[PDB]
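The structure to be discussed contains Taxol.
Lettering follows sequence order; numbering is per chain, from 1. Side-chain atoms are counted along with the backbone in the values below, which use heavy atoms only and exclude waters and symmetry mates. If you check the header, you will see the structure was determined by electron microscopy, 3.6 Å. Read the numbers this way: they start at 1 and go in the same order the structure lists the ligands and their atoms.
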Amino acid sequence: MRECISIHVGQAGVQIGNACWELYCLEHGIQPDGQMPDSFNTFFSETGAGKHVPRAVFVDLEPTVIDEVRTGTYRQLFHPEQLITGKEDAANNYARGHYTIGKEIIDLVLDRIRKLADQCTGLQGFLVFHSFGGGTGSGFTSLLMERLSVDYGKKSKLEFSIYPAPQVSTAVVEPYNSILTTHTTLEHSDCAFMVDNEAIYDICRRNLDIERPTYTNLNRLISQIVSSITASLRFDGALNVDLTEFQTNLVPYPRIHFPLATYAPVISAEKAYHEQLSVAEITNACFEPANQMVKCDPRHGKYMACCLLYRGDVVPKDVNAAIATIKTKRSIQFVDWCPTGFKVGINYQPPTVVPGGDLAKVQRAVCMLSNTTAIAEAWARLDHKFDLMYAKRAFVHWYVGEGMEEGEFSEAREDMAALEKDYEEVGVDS
Amino acid sequence: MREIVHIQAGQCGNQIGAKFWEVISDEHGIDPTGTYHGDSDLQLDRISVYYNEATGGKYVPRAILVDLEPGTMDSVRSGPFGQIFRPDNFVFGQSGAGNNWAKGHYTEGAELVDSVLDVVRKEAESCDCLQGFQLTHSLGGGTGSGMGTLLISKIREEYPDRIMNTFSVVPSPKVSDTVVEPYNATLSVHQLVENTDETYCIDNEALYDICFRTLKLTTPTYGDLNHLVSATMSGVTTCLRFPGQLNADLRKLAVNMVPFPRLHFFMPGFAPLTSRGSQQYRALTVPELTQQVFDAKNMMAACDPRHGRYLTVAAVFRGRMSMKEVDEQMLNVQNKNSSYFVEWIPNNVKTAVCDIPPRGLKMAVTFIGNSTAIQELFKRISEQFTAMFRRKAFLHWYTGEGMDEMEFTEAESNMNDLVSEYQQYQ
Ligand SMILES: CC(=O)O[C@H]1C(=O)[C@@]2(C)[C@H]([C@H](OC(=O)c3ccccc3)[C@]3(O)C[C@H](OC(=O)[C@H](O)[C@@H](NC(=O)c4ccccc4)c4ccccc4)C(C)=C1C3(C)C)[C@]1(OC(C)=O)CO[C@@H]1C[C@@H]2O
Ligand SMILES: Nc1nc2c(ncn2[C@@H]2O[C@H](COP(=O)(O)CP(=O)(O)OP(=O)(O)O)[C@@H](O)[C@H]2O)c(=O)[nH]1
Ligand SMILES: Nc1nc2c(ncn2[C@@H]2O[C@H](COP(=O)(O)OP(=O)(O)OP(=O)(O)O)[C@@H](O)[C@H]2O)c(=O)[nH]1
Ligand SMILES: [Mg+2]
Ligand SMILES: [Mg+2]
């Protein structure tokens, strides 16, 4: 059993997944053809003899980047039924990607999913990779998650969205892509992520100490975060955290489902020989402000519930000893009515990294996924960037003729306005 | 022949037992296949309490091995003594309780509960006249509590007149490994009071302190935290398997130590507990052992015996002794520490002496004391419960599986009344 599906909508979603499937083929011993010269029934299905195919439906509205996959080394793992290709994209428009152009091809992806979904009996969940600043992964997914949720009832759904920074941002109408994707954030995904482009560029030069961080090293680090949720399905361990065990510990309320990841040891290639990277250290590494995937500090916002997910040569005695010290700390403070906020899983495998990658071959690892109160201040950086562009009614004329209307723009503001307001309600004690 | 049938519901219950059946075999000379290779005939005189002789000169464990996931089963099969188990017994689903109580009690196990319940009816007929139900589980997750509370209330329908043995690990404030540990307790308070005859309360907290200090050991793994609980459960069932001078079997303990219909929560105890170094610096005898028994730092339920009284202790000695030497040590302590015992019950000790020790010693014991200090362990969970329910936090994972507001209001009064009886009669 225990199988789950990947959908890579957008240029952000594909190139992230272009390394996420680089990583898994590396882990299980699978050459890129599909051959394995046990475990892999979370993302694969063995067909015939000596062939493994993934649960990879790549969706795009523009034929540039998918042809790179079809000519890259990973053209053989994938088979040409899988790769849905559009013609002419949304081009950072909403009402093209949702109301106009994706209406043609979304019937081609659903009846490609069900020829892959009804082949496994152990349906776990979905891994929908996108961004909040694209035109493909912006509001086309907002159509797509209102299709699988009608089909599949109350199954688990996990979106891994790249989120816009205040300072480093590479498009113009990005304060319009993020406000409209919220209606399929609180309603059609039950564990919704935020990852910043800014906050990883600080890590590539201060923790890994590389002067030129580009997208193929901004993203290989996200592949290790995805590969650690699924260490408990794909592998055994002393304590195991299933992907439905995960959400009941983590998510405390019917709407608050916004964790943020982090990871340790993110250290350089030759700084390993001197650092004494122990269980008391890498647990302590998960609370520095310089190990945040989102540009926010863990100090001004109080935590609610983290979920430590280790991997490697770890015994459970000292995880208690490492978490004993963190409870004695005074700045790392929790909301008071959740008197235990700790959940520990352990894999027995060594965490592995890509040959030609940027990280160091270590023998322990930790992937914290904390739900907290600081990240609602990573929304007032972007509500302000929306607040003036609609005030002068800028860029409205690209949306009116394409399907989008005005009355939703005043209406989708309360979709964010109450959402910042509720962390103020449940962050305060009494 | 006073048989005992064995259920293991949950990962901890499936790993306490996997060593519990490892420790109970080398008492009896069981090989890793299932045949007899022991030395004493006193093993085989009552071998039929945990066993069925299958034809060909082999034996099988009377044990029913329950999960809702195949992951723990694979460790059971591929681990130590996997092949000896009968492969018809593994009654397990594929879904997973998700560390939800209502998923192991209303939804997933509730359609596997009968397929458990008919492998035990087969094991209820390989026996002459059964008496023992050993259930080994947790109070931590889904298969321990919700799959381990519905199951007791079904065995009470068949057997209103047997004895039930839970072995229930409790949640601790220091080591709190999950987030909804206060929700996997108060729901399971309601039917481990009025439908079990004895309930051993073991903690993860105090069971590390025995591993760092009293054993002088740096790495407490679970296969050592279990391997103390295995040698307690291998001790209470000694009179059913070996003769002794003053004998006391499972009902005979449970009638002396239980003075009221509800106050039947016990804590274990075991002695000797020495390192590999402090062996030669010790001389084994009855005052050697009995003083270690009554120590404040030899109670696996993480409470202070000094903070309360005992009501009815009992010790189960093993090994060739003399009675007065055992009689006077128990005479000593009720004279020495008469403030720490209850004033309106005389002769608090019920001795039990078995002629056979554990394998390869000179003697050993097992302590069980129905203290009053158990009143503290529930307050350490009742106040962790009090915060999380007052905000109605984590309530949407339970209403979505069939539960209700009403199941959380009444369950507190049940755990209110339990501590209301230790204090009223201390
Ligand atoms: C040279 C010598 O005398 O060694 C002892 C010994 O050193 C001590 C320290 C032993 C030792 O026990 C441990 O260190 C231990 C480890 C994990 C969990 C619990 C204990 C011993 O390993 C354990 C072992 O126990 C047995 O042989 C009993 O029959 C025991 N057997 C098992 O638990 C068992 C272990 C592995 C495989 C199969 C069975 C038992 C107890 C109750 C009921 C049934 C069986 C003994 C006396 C010894 C050693 C070998 C060092 C002690 O334990 C027991 C259970 O006897 C720990 O404190 C006692 C005091 C003993 O003197
Ligand atoms: N003394 C021991 N404690 C254990 C052992 N295994 C787990 N535990 C403890 O029990 C708690 C976890 O319980 P489980 O794995 O048994 C929960 P279970 O599998 O019964 O149900 P699920 O909710 O479906 O996982 C937690 O306190 C662990 O630290 C063990 O072998 N020995
Ligand atoms: N981390 C990361 N971000 C990326 C990557 N590629 C693009 N982005 C970010 O994604 C946003 C742009 O969205 P794209 O995914 O390129 O756009 P799209 O989904 O293809 O939508 P359209 O091209 O408008 O149809 C910007 O914030 C980019 O910085 C990548 O490989 N890694
Ligand atoms: Mg595009
Ligand atoms: Mg379980």
Structural location of Taxol, copies included = ligand 1
What name does the PDB entry give to the macromolecule most in contact with Taxol?
-> Tubulin beta chain
Which chain letters come up when looking for other chains with a heavy atom under 4.0 Å from Taxol?
-> B
